[PDB]
A.B. asks: 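I'm reviewing an experimental structure with cetuximab and have questions.
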Amino acid sequence: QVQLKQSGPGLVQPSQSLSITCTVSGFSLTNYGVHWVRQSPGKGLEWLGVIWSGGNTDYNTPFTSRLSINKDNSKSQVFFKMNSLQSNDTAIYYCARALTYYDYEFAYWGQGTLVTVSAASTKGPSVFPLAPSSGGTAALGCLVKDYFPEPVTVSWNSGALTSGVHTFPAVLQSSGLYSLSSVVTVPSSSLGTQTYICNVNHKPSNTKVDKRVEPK
Amino acid sequence: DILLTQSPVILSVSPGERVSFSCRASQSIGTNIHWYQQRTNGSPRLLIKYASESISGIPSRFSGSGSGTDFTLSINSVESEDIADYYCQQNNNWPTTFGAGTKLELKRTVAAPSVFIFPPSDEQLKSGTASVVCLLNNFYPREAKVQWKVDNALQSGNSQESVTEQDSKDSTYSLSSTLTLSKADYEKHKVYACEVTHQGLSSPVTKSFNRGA
Amino acid sequence: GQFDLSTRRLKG
């Protein structure tokens, strides 16, 4: 089916340039245009521009000078580049495809790329167990602490465990580093037969950790 | 640019009820408006195009109407899974623009939280910092009070809270409260207590541990 | 009423 998959999230320094690659499948860049939209705290959903089937580009007015979109049809890749970022350019950026080749009803979206504009340094998280110690239901979790920038992904048992999972929104500590926890409730009777692992991946630091969580 | 004003900012209803979203344009845009849904960590999902036309894969409870300046997205009978943000988009005039979104919240019966407390791992203590976590699981409504006490001393300013969005199946919230101490401080004390106040509890619930056991 | 980068949800 139609898909768009973007490159990973991460850090851009103040005044530097932003690069994202959108790889598509299930259709050909020669028959469809690819649009770029961002979503930011101060401006919400914002349309940035488009590259059309035959190579032409349109850019929304406040971006005509710092934005460039190119592509490689044979590799099914679209290249987004934007210059001189300031902190209010921090946003989630999406590539998107319309239903019809010429139009703007956006039926297909990339998964998004969170871009943080900051002078600070990348830092991977430490992962600490929230160990189970109530109606035969026990609660356990992982503490994902002191990373930057957002985001981090958490899952349980390589995707096989989803039921009863709560992954909390990250909160920013006074240190400027983020933290979050991910919890899950399971039958206490399975603590002796099942293994519980939180798979943690912090892409901007290429820190990727599996943490086994056991009663202590 | 066309300015799109969506109203109200938040909508709250119960499952099975009907709900409508308003999107008003600063000048006529014909029927050239599209609607989108957005869930937690998701990309926008196209719901309706050209004010009223169906989208493949979109449940039939979603419809839209309007023309000129005044547009309406409607859900005739709300499902718990409709918890999301909703946006409109115009494309009668270049460049295409979006409205600021309406939040959809669901009402349900009161559910008291299940409360759990987690001491800091011996692993974390090696770094010189202690995190104590208190979990309030699957409650409604959102409003909850978490009070931290260390050896009967009220803790203030050294905890942070995080709340999930409403669950797409049971419409509850879960909340984590994290108390952060220096390791030196954590070792100087013994009794660590999280006390939870909530509409669904007939009196506050305390979960505590003694450092060590 | 503000988009939150953490959650991708509107918040105030």
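The chains referred to below are lettered A, B, ... by the order of the sequence lines, with proteins before strands, and numbering in each begins at 1. Below, all heavy atoms of this structure are taken into account, side chains as well, without hydrogens, waters or symmetry copies.
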A.B. asks: Mind telling me which parts of the structure correspond to cetuximab?
C.D. replies: chains A and B
A.B. asks: With a non-hydrogen cut-off of 4.5 Å, what is the binding site of cetuximab (chains A and B)?
C.D. replies: C/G1, C/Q2, C/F3, C/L5, C/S6, C/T7, C/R8, C/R9, C/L10
A.B. asks: Please state the name of chain A according to the entry.
C.D. replies: Cetuximab Fab, heavy chain
